[PDB]
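Structure, as structure tokens:
Chain letters run alphabetically, one per sequence line, in listed order. Numbering of chain A is taken from the PDB entry, so the residues present carry the numbers 146-454, 466-480, in order. The residues of chain B that appear here are 146-454, 466-480 by the PDB entry count, in order. Counting starts at 1 for both ligands and their atoms, in listed order.
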There are 2 protein chains.
Amino acid sequence: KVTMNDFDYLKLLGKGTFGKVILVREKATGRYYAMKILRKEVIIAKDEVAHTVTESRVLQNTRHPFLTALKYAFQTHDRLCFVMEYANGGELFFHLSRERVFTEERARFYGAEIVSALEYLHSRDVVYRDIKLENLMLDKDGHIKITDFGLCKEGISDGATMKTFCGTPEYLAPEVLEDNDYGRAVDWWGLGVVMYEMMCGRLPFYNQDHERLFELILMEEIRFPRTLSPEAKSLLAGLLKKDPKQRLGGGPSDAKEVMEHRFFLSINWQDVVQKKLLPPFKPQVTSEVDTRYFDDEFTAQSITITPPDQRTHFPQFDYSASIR
Amino acid sequence: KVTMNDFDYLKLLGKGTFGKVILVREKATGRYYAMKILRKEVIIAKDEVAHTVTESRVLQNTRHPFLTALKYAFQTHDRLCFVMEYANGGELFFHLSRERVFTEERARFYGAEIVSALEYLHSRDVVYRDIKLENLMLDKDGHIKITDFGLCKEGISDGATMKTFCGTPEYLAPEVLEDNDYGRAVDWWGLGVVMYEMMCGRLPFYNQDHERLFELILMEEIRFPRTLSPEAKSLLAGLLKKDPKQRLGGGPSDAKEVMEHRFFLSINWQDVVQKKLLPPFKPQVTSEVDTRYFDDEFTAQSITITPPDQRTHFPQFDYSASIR
Ligand SMILES: CCn1c(-c2nonc2N)nc2c(C#CC(C)(C)O)ncc(OC[C@H]3CCCNC3)c21
Ligand SMILES: CCn1c(-c2nonc2N)nc2c(C#CC(C)(C)O)ncc(OC[C@H]3CCCNC3)c21
């Protein structure tokens, strides 16, 4: 049984209201991982139990080069811990914040890998629902690693629907901002937003006030830099079509519509999944504990245990990759 | 009732996440022993209660020249303590790390003594499950003393099976890396790995990542130095057969298959158990407190009590060798 003192706790990689993520060393092997630590108290209060159990359940059976691999899922009396692959290259958000914009070529590389992962998830009836730059990390070679599966939905095949109002506001599809249910096409909209950010250096829609933001998402016409290629303009127009039935990827062939798009004309899709495409950017990390692609805001902070206030057991948190 | 203050605490012999082992002097007699000290908090959190109770229960009834003898098992409000024979000669891991390789002759001596112990344990339906160089120590005369019985299973006769995924990764048998249950043949595989190490100066399989390691154990063909004897190659090929049914020692005659192997052609097995075989290496210790065959990393450290945070009683921890 895996416990807290099986790991050394080295650096804070990220923190939010959800909890915290820490660079750990596994004592027994000396190998480095990221550990997401969540307080059960917060999870229950927020009504996120089912979502968090689902996060473990999906990760236990997913295997794909561009999804983050789970090593352990374990828990204590007051905490839930995910031990997972450390994405040395950090978030795409980090890189785009520094570089401001990616070339169409570089965006195409990341985009092809995200499309590959979303095809795989959708084939297994999983809707990810949280595509954003913050959840798109890079491994040490510069390949995509999708992280944070805390808003996934299972059992969603072509035409099936979902009702939970969830996601990140700036990335929410217009149909989610309407009453009743929505389908898997929301993931393609999400790819639309991140592709737009990568090539245009800004969100297609933004206001600090969510009420204004959601009106923009529902109502505003997207704009493009004049210099963008016709097929990049076509790709983003198709992914960010407000009607999910008319959206690129929103038909019965799902990822195939996106894969066959003229923006990805140069891409051989079997090379993508086989990791044969060369990353344009290779993270220049020089050790296993190197956190240069993570914000100082987090890594400067000292690690500190929070004071707490019968069975408090969560299912799906006694998992090991060695055992299943 | 035996207590903590009945002993002087002299030198740290070894430490891990499990707990610590200290060289102690029994105040009343002035005799020296090793004391393994475990924290109940850690044992409970790790779900190792049954394993630790078993460790005491097995040691209370075992008697064989090459098994470490338990003097006392006792407990405090937050600790469990094993007082046992101090193996002055240290671990085989220590000696092999220094010398790099043993001659086939010296490997044969240690191998014979381990086989004798494993025969004895298996005859009493005990599977040891943790055969490794770290657990193979030497007494002051140079004879084998198996230590650390914390992964034993009782009641395992010929054909009976076990389900717990436990052991040390580098020493795990291939069948343990498959679903469902495994038999007592795991111990002969374990002997295989230690014999290989002794004669070939490396583990037959190694990778720092366990996922890679387990694939090697399941899939990789073992290699031998060209100079190894035909019967050494044969012994190792037989003990390290991936199929437990085809493995040397894996039949209904158990240790007899191994004892009758041509590598041990020179061995009289009754002389082995009667300790009439001369150790090739005699520990050159010059006093009862001499810890030259223990790593400085441990013995340089000062002895320190850890701060803690109703009945917390463990059964099988009221044992004395004078009383049963
Ligand atoms: C700290 C960033 N971060 C990371 C990693 N950081 O380095 N390698 C990582 N992997 N993993 C996560 C997960 C996760 C997960 C699973 C796979 C269990 O679903 N959820 C959330 C994360 O941040 C969220 C916020 C933290 C604050 C800054 N931006 C991102 C993760
Ligand atoms: C520190 C080494 N060590 C020793 C001895 N050291 O000198 N004489 C010993 N005996 N005994 C044990 C036991 C035990 C036991 C019973 C018989 C109660 O089952 N478990 C574990 C030990 O280390 C584990 C690790 C410690 C770190 C270095 N390598 C070995 C022992």
Which drug name is given for ligand 2 in the PDB records? GSK690693
Mind checking something for me? Which chain has more close contacts with GSK690693 (ligand 2) than the rest, going by UniProt? RAC-beta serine/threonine-protein kinase
Give the letters of all other chains that come under 4.0 Å from GSK690693 (ligand 2) at a heavy atom. B
I'm trying to map the binding site of GSK690693 (ligand 2) - which residues have a heavy atom under 4.0 Å from it? B/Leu158, B/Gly159, B/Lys160, B/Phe163, B/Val166, B/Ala179, B/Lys181, B/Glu200, B/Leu204, B/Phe227, B/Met229, B/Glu230, B/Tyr231, B/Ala232, B/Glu236, B/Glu279, B/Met282, B/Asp293, B/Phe294, B/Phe439, B/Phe443
Atoms in GSK690693 (ligand 2) flagged as close to B/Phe439, the criterion being non-hydrogen separation under 4.0 Å: 6 (N), 7 (O)
At less than 4.0 angstrom from any non-hydrogen atom of B/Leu204, what atoms of GSK690693 (ligand 2) do you find? 16 (C), 17 (C), 18 (C), 19 (O)
Atom 8 (N) of GSK690693 (ligand 2): which protein heavy atom is closest, and how many Å away? B/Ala232 N, 2.9 Å
Looking only at protein heavy atoms, which one is nearest to atom 23 (O) of GSK690693 (ligand 2), and how far off is it? B/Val166 CG2, 4.1 Å
So is there a nitrogen or oxygen of B/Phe294 less than 3.5 Å from a nitrogen or oxygen in GSK690693 (ligand 2)? yes
Would one find an N or O of B/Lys160, backbone or side chain, under 3.5 Å from an N or O of GSK690693 (ligand 2)? no
B/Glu236: numbered GSK690693 (ligand 2) atoms lying under 4.0 Å from its heavy atoms: 28 (C), 29 (N), 30 (C)
GSK690693 (ligand 2) to B/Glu279 polar contact by distance, N or O atoms, under 3.5 Å: yes
Can you find an N or O of B/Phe443 that's nearer than 3.5 Å to an N or O of GSK690693 (ligand 2)? no
Which residue owns the protein heavy atom closest to atom 24 (C) of GSK690693 (ligand 2), what's the atom, and how far is it? B/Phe163 CZ, 3.9 Å
Which UniProt-annotated ATP-binding residues in chain B have heavy atoms closer to GSK690693 (ligand 2) than 4.0 Å? B/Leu158, B/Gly159, B/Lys160, B/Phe163, B/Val166, B/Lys181
Look at atom 5 (C) of GSK690693 (ligand 2) and say which protein heavy atom is nearest, naming residue and atom and giving the distance to 0.1 Å. B/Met282 SD, 3.4 Å
I'm curious which UniProt active-site residue of chain B ends up closest to GSK690693 (ligand 2) - could you give me that plus the heavy-atom distance, rounded to 1 Å? B/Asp275, 8 Å
Which of the UniProt domains in chain B holds the largest share of residues touching GSK690693 (ligand 2)? Protein kinase
Interfacing atoms of GSK690693 (ligand 2) (cut-off 4.0 Å, heavy-atom, B/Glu200): 15 (C), 16 (C), 18 (C), 19 (O)
Is it the case that GSK690693 (ligand 2) has an N or O less than 3.5 angstrom from some N or O of B/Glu230? yes
Under 4.0 Å from a heavy atom of B/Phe227: give me the atoms of GSK690693 (ligand 2) that qualify, with their elements. 18 (C)
Which residue supplies the protein heavy atom nearest to atom 11 (N) of GSK690693 (ligand 2), what is that atom called, and how far is it? B/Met229 SD, 3.6 Å
Taking a heavy-atom cut-off of 4.0 Å, which of the residues UniProt lists as Mn(2+)-binding in chain B lie that close to GSK690693 (ligand 2)? B/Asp293
How far is atom 14 (C) of GSK690693 (ligand 2) from its nearest protein heavy atom, and which residue and atom name does that atom have? B/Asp293 N, 3.4 Å
